[PDB]
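Drug present: enalaprilat.
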Amino acid sequence: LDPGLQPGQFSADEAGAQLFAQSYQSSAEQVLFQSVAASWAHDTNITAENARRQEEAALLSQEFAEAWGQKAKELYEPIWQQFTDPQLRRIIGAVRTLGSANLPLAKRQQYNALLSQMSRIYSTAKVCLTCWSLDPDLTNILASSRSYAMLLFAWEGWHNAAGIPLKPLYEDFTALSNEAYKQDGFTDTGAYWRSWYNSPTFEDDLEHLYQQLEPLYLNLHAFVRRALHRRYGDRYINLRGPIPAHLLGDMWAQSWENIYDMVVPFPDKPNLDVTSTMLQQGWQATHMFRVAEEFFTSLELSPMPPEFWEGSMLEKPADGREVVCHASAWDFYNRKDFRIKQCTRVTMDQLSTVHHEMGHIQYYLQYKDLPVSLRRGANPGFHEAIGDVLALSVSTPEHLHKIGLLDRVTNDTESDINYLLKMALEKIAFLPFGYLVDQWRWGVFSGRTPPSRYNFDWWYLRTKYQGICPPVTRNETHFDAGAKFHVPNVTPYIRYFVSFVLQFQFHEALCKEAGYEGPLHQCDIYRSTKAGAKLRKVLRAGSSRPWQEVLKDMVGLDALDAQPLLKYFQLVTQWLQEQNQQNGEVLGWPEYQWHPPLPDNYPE
Ligand SMILES: *[C@@H]1O[C@H](CO[C@@H]2O[C@@H](C)[C@@H](O)[C@@H](O)[C@@H]2O)[C@@H](O[C@@H]2O[C@H](CO)[C@@H](O)[C@H](O)[C@H]2NC(C)=O)[C@H](O)[C@H]1NC(C)=O
Ligand SMILES: *[C@@H]1O[C@H](CO)[C@@H](O[C@@H]2O[C@H](CO)[C@@H](O)[C@H](O)[C@H]2NC(C)=O)[C@H](O)[C@H]1NC(C)=O
Ligand SMILES: *[C@@H]1O[C@H](CO)[C@@H](O[C@@H]2O[C@H](CO)[C@@H](O)[C@H](O)[C@H]2NC(C)=O)[C@H](O)[C@H]1NC(C)=O
Ligand SMILES: C[C@H](N[C@@H](CCc1ccccc1)C(=O)O)C(=O)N1CCC[C@H]1C(=O)O
Ligand SMILES: [Cl-]
Ligand SMILES: [Zn+2]
């Protein structure tokens, strides 16, 4: 570690800790920068030289975290928890967590190589027949092929190309992760991730939430299954069984918006898939990011700075570079550079993604004057919900009309149901998956799920929550969890399930704040500076206050709550139950063992 980046000595008291924290922040910004830059260079231009550079930068981070973490312990272990400055408690608390820096050198190099190589496998896997990439080629197939056999080729190809080679690396990764966090005092890496919510009842609270939401997911499931049955027939849909995992518009069956055309109940109302309008009108990526930006500035939030437009990668390069396509928002920790990396496609759901990713940028912008340690969401769930809150306003028919993507606007119940159904395909269908992914990973980290049951336990969770089955047999050579980006990327997932509930809480608060008197699902906070002021206060707090306190200031409750989500969807909940009863459906999948046959001359 460079001389200038090493800690000195401070007094062993709170006064000295302030100075410690100041000097830490200078050094950290410089180290975070060099690291975020090296990853950027990699993720936008995947080569061996850039990977070796990222690994060297991660190593420098680890030396840093170690020298400053050791020093925080040496000076402040007795006293940091009694400090008067709440923000300084959190900072020192962060600084003393070594994570992977607890590893000895050879194991840090191994850990870093594993992250690098899993990233590269996930992001450069192709399916050949001439080779298709996940984005855009396989995404597109899943979204709008309706050939059972072609969807299967893509689903299986993908899960095979990405899963199988990840498994040896994922096992090694898990061992090293656990080893590292055990020396911070955690029983496993999972306990560490769960500790961010700083809630003794965390697992219980989530299950109380999921139990309240499960009826909606079940009603929707049964409805969609019936729709699928009408198209794909009795051979490939069991009305009493899980849905084949490849028929729902998305590689992970995590969002079902792309099958909207098979379920929409009132096809004579305004068509709420504006994708073809966007294509007809000649939208490009730039436009999408501009329209998101303008939403933000209508709230008196900050615009994207020059550095964002000059630095971002908002399109897949055509120059034959390998990139990580999976959309992400980047803070370089220099208070100046913020960028999005996205292989933006021109569709309505990518319009949401854009807003999602811009939510992150906006958070980065508001809290950039906090100490580096506090430059994060009140919890990771907060960070994920910001863009999604705006996107709820954007998707409303009124707002789509105002940005010229919907030629007229109805305000009738048939339209409301169309709308709420679409939103349910996006939001309610995701709920089981948001919950299940980290359940799988907590199991793996704790040792409940060894390598020999990685795929067994994954599909148990898939069937249990989502009510889907693999469309071909899987076994333990397969590693289907690893064909989902967040797993090889080591990005926690429970934040999304938290986000998907929190976003309706935020929505309801901002709408009330904006003066909006009508049904929640027709609220548009566009141009509400009051709503903006309320959101800004949250963004600016970063992680400097307990999320339960920030939440209470914002929505009046100190806890995640399903009521807003439920009142948002209330009308389509009542509608779906009526339909499912009149069609004599079975809620759930009592024929849990059922799997569909192979197509006749498959794999051809
Ligand atoms: C795991 O399954 C793979 C995939 O094979 C297909 O799906 C299986 C579950 C099986 O039920 C069959 O429907 C299919 O073969 C098996 O892989 C291939 O199977 C044969 C026999 O080895 C052969 O054509 C290939 O070489 C196999 N290898 C691969 C991965 O392409 C595999 O043998 C199964 N068992 C184990 C322990 O991995
Ligand atoms: C992608 O990454 C490679 C490095 O992996 C970059 O290539 C180097 O670029 C400098 C300046 O252009 C040359 O002098 C070196 O000789 C190159 N090294 C290698 C290993 O080729 C390349 O510039 C990057 N490409 C893009 C489009 O950013
Ligand atoms: C669509 O019509 C409904 C029903 O008339 C509107 O909802 C009412 O809105 C007013 C003020 O805007 C409130 O005072 C009422 O309490 C609401 N009543 C009901 C029955 O919900 C709604 O605002 C209109 N929506 C749009 C798209 O603007
Ligand atoms: C598109 C988005 N990308 C992630 C990227 C996360 C990430 C973190 C750290 C490093 C790289 C990428 C993000 O939340 O922005 C994402 O994965 N999202 C959006 C909501 C649900 C979730 C999903 O698609 O699984
Ligand atoms: Cl999380
Ligand atoms: Zn996100």
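Residues take their numbers from the sequence shown, with the count starting at 1. Scope of the values below: all heavy atoms of this structure, side chains included, with no hydrogens, waters or symmetry mates. Determination method: X-ray crystallography, 2.3 Å. Atoms within each ligand, like the ligands themselves, are counted from 1 in listed order.
Every copy of enalaprilat considered, the relevant parts of the structure are ligand 4. In this complex, the main macromolecule engaging enalaprilat, as named in the PDB entry, is Angiotensin-converting enzyme, soluble form.
Residue contacts with enalaprilat include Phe485, since one or more of its heavy atoms lies under 4.0 Å from the ligand. Taking every heavy atom of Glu357 and a limit of under 4.0 angstrom, the matching atoms of enalaprilat come to 1 (C), 2 (C), 3 (N), 13 (C), 15 (O). Residues of chain A near enalaprilat cluster mainly in UniProt domain Peptidase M2 1. Residue-to-ligand polar distances keep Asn489 apart from enalaprilat: every N/O pair is separated by 3.5 Å or more. Considering both main-chain and side-chain atoms, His326 comes within under 3.5 Å of enalaprilat through a nitrogen or oxygen pair. Comparing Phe430, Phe497, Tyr493, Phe500 against atom 25 (O) of enalaprilat, the shortest heavy-atom distance belongs to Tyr493. The option with the heavy atom closest to atom 24 (O) of enalaprilat, from among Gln254, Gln342, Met251, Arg495, is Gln254. The protein non-hydrogen atom at the shortest distance from atom 7 (C) of enalaprilat is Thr491 OG1, 4.1 Å. Using 4.0 Å as the cut-off, the other ligands and ions found near enalaprilat are ligand 6 (zinc ion).
Each of the following atoms of enalaprilat lies closer than 4.0 Å to a heavy atom of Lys484: 23 (C), 24 (O), 25 (O).
Close contacts of enalaprilat with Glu384, meaning ligand atoms under 4.0 Å from a residue heavy atom, involve 14 (O). What sits closest to atom 19 (C) of enalaprilat on the protein, heavy atoms only, is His356 NE2, 3.7 Å.
Taking every heavy atom under 4.0 Å from enalaprilat, one finds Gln254, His326, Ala327, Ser328, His356, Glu357, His360, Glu384, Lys484, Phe485, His486, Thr491, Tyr493, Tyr496.
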